[PDB]
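Everything on this sheet refers to the single structure shown next.
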Protein chains: 2
Amino acid sequence: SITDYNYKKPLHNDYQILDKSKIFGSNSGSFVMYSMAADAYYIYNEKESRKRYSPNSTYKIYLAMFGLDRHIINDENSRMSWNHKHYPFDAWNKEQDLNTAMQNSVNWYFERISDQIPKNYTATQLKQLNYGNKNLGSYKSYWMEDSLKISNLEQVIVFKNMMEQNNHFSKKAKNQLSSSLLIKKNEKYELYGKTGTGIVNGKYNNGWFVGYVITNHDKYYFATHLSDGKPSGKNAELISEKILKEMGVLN
Amino acid sequence: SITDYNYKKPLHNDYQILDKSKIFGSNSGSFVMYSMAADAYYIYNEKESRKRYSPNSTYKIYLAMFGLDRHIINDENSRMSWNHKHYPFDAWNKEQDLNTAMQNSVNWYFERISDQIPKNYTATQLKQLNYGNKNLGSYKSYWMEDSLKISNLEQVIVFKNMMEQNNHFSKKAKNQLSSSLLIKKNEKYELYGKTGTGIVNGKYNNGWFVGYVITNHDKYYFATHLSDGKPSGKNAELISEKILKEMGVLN
Ligand SMILES: *[C@@H](O)[C@@H](NC(=O)/C(=N\OC)c1csc(N)n1)[C@@H]1N=C(C(=O)O)[C@H](C[N+]2(C)CCCC2)CS1
Ligand SMILES: *[C@@H](O)[C@@H](NC(=O)/C(=N\OC)c1csc(N)n1)[C@@H]1N=C(C(=O)O)[C@H](C[N+]2(C)CCCC2)CS1
């Protein structure tokens, strides 16, 4: 418990320390990036990057994966009916498929998936995935400012590993997941990712943007965590991109 | 044969006649576009648009569809080994999957698919799809400046129908095909398409760009054919986009 807020495991890869404090501006947090080609990490604010926070809606990545893996949703049909309950966001108040669910961060879609998953499966997956503190707690919205916590550095390690390694997870699962995460594509690059936002007492307190970039030459996994300032998922995306552009990943 | 060079069937939809001769410049051809929402067509140079030409590499769209439909390739694996024969283009001289095959217009990939398809299946599909003159001839590269011919107007009608109508083609087939055709994506739109280029006596003679656009509000099917000037698939793409941008489809 006293070491379950911190990822202490030393890196067995080359790594560089960046200074993107100018881009982060009045916001506080960290940025991590992995380069498939260099098998190397690029970290800004490694202290913050090793502190564990709740994953918020970035966990939807893994919930989506579990749902595909247990045939809750599939490639032929991932649709779910709206229950006719009003939600704060209009995009939630309609039928969803994985793509629309993921793109609009429709909580109830993944909640409905979460309810059909046994706890021992979830716990087995987190173990094998090395997902943060691996702490399910009461097993009720555990990924939402609750027991489960992961570090910015681990977000990149766990995601890259799950996607790139020969897991029990199928290639078509990974591709379907990957489809649901595609944000931008042009001649130069494909950008994939997922935002996370936390709100406490009407104040943003926890902002994620986790994803990856495919170029012609390389492939990159990355994540931005915001802890103070204006720590929203959107602000995490904006910062991620201007860092990726200024580092010449998006050109 | 005397009516097999022309699509004469009258339109049972609204349609408008455009003037994009300025964009076409010193190139000659036509542009067709369909709007799901308006159930209406937008044609420039309807004469040219009704004349049938060989589909070149736009036929790869349908070959890809057939290969998925006959489990020649799958969502799990669509890879094919290179035979270690040199090809004029370097991107051809390696392993391919559907995406790389389609993106680089790797002829041999789809030829290898074509060879495993019965003729009566092909002929059945063209019948049900209303693909052009439906003429297979000797059934050997019939889609390459040979017997099979389709009009710019039909490219849009046949593609839209195959994709949008509940035929025997599965949703996952269509999505996998759709994935292989994605070119550009941003906040505003997803652009999908396939180029075609013909070369005779070292001169471009036949240029295609067939595809569709998904926006927030609408969905559009489109095609550009170039018959004279500099009629290359790439030039057909450039013209398609300038027309789509200037019509405010890519905004
Ligand atoms: C995942 O982060 C989701 N977030 C929430 O449900 C929470 N607050 O959102 C207001 C939350 C969970 S526990 C807690 N204390 N707060 C959804 N995802 C995001 C996201 O960043 O993708 C949302 C924010 N967006 C989508 C709203 C408009 C732009 C960003 C909120 S819902
Ligand atoms: C499909 O159009 C393919 N084209 C060809 O094989 C032919 N010529 O290519 C030079 C061809 C077939 S019959 C005939 N008389 N000529 C491939 N697709 C394209 C394409 O546009 O996707 C290629 C052309 N590009 C990529 C290079 C220059 C313009 C675009 C050629 S191979």
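Note: chain IDs run A, B, ... matching the order in which the sequence lines appear. Here chain A follows the PDB entry, giving residues 333-583 in order. We're sticking with the PDB entry numbering for chain B, so the shown stretch reads 333-583, in order. Atoms within a ligand are numbered from 1 in the order they appear, just like the ligands themselves. Header entry for method reads X-ray crystallography, 2.5 Å.
- In this structure, the drug modeled at ligand 2 is cefepime (open form).
- Here the macromolecule with the greatest number of atom pairs within 4.5 Å of cefepime (open form, ligand 2) is listed in the PDB entry as Regulatory protein BlaR1.
- Contact chains for cefepime (open form, ligand 2) (heavy atom under 4.0 Å, other chains only): B.
- The deposit credits the origin of chain B to Staphylococcus aureus.
- For chain B, the UniProt active-site residue nearest to cefepime (open form, ligand 2), measured heavy atom to heavy atom and given to 1 Å, is B:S389, 1 Å.
- Inclusion of B:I531 in the set of residues having an N or O under 3.5 Å from an N or O of cefepime (open form, ligand 2) is warranted.
- Of the protein's heavy atoms, none falls inside 4.0 Å of atom 26 (C) of cefepime (open form, ligand 2).
- Of the protein's non-hydrogen atoms, the one nearest atom 4 (N) of cefepime (open form, ligand 2) is B:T529 O, 2.9 Å.
- Here's the thing with B:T527: one of its N/O atoms is less than 3.5 angstrom from an N/O atom of cefepime (open form, ligand 2).
- Covalent partner of cefepime (open form, ligand 2): B:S389 OG.
- Looking at B:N538 against cefepime (open form, ligand 2), nothing comes within 4.0 Å, counting heavy atoms.
- For atom 32 (S) of cefepime (open form, ligand 2), the closest non-hydrogen atom of the protein is B:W424 CZ2, 3.6 Å.
- Counting protein heavy atoms only, atom 3 (C) of cefepime (open form, ligand 2) is closest to B:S389 OG, 2.4 Å.
- Atom 1 (C) of cefepime (open form, ligand 2) is flagged as protein-proximal [any protein heavy atom, distance under 4.0 Å].
- When heavy-atom distances to cefepime (open form, ligand 2) are checked against a 4.0 Å cut-off, B:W475 has no atom that comes that close, whether in backbone or side chain.
- Of all protein heavy atoms, the one closest to atom 28 (C) of cefepime (open form, ligand 2) is B:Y536 OH, 3.6 Å.
- Residues contacting cefepime (open form, ligand 2) within 4.0 Å (heavy-atom distance) are B:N388, B:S389, B:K392, B:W424, B:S437, B:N439, B:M476, B:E477, B:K526, B:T527, B:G528, B:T529, B:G530, B:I531, B:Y536.
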